[PDB]
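Metallo-beta-lactamase type 2, liganded with L-captopril.
The numbering of chain A matches the PDB entry: 42-272, in order. Values below: every heavy atom of this structure, side chains too, minus hydrogens, waters and symmetry copies. Both counts, for ligands and for their atoms, begin at 1 and track the order of listing.
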Amino acid sequence: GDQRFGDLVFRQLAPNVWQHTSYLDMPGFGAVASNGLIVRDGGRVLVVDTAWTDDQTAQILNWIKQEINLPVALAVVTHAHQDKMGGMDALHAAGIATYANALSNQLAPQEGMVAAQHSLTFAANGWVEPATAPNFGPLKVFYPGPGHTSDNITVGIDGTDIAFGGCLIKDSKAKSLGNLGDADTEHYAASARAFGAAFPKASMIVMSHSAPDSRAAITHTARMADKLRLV
Ligand SMILES: C[C@H](CS)C(=O)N1CCC[C@H]1C(=O)O
Ligand SMILES: [Zn+2]
Ligand SMILES: [Zn+2]
């Protein structure tokens, strides 16, 4: 069910949702896949996360221009690493309004990232303050607590079965939590649980570095976060 387009891969998840996948091409490591989302909200398109690079991200825009051919209203990027924010310059050159967690925008420079144009803020219960996320359509944005990073945010897609965990969640068969250099190892477990609780009906869990999975990815991630906390 995948379709290669250039160095990119696209996979339809529902009538109006597609997974985009890009691969890091650096002379020192293997072809590391990153997943993001494309959502057709009626007469416009919404993007969750860039690709690794500007060119890869423009390649995303081209696939959208070709296969959907509606204007891209906005993008939301889900934390200040390269696999999520590596392509901001491309989104800006294309006139696309960009959003990130305020904390993500604050960390951007230290991380080598260009900041998003607009900053999301969040209630104590983790739900986005609606005024900071205007006209987000079916995108339901939830900050689950520090985990994979301090800033990681998550997105549910109204009207579908899908919730996007970003790099916070790994699939049910993953061996480890991956690079934990930026990780809050104390809150990770609770933050994964908070994600699953925020989207309790979502049956397809989409993540950054595994194929879509069921809810078992959430509990599996939480357990692995608990095992690590206990050492
Ligand atoms: C550079 C990316 C940002 S999330 C990363 O840390 N990754 C990509 C896949 C897993 C993990 C790793 O390198 O160990
Ligand atoms: Zn990351
Ligand atoms: Zn990642």
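All instances of L-captopril are found at ligand 1. Against a heavy-atom cut-off of under 4.0 Å, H189 is close to the following atoms of L-captopril (ligand 1): 4 (S). Per-residue contacts place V73 under 4.0 angstrom from the following atoms of L-captopril (ligand 1) (heavy atoms of the residue considered): 8 (C), 9 (C). The nearest protein atom to atom 3 (C) of L-captopril (ligand 1), hydrogens excluded, is given as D124 OD1, 3.2 Å; this is a heavy-atom distance. In terms of protein heavy atoms, atom 2 (C) of L-captopril (ligand 1) is closest to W93 CH2, 4.0 Å. Protein heavy atom closest to atom 7 (N) of L-captopril (ligand 1), with residue, atom name and distance, is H250 NE2, 4.4 Å. By heavy-atom distance, the residue among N220, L65, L218 lying nearest atom 13 (O) of L-captopril (ligand 1) is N220.
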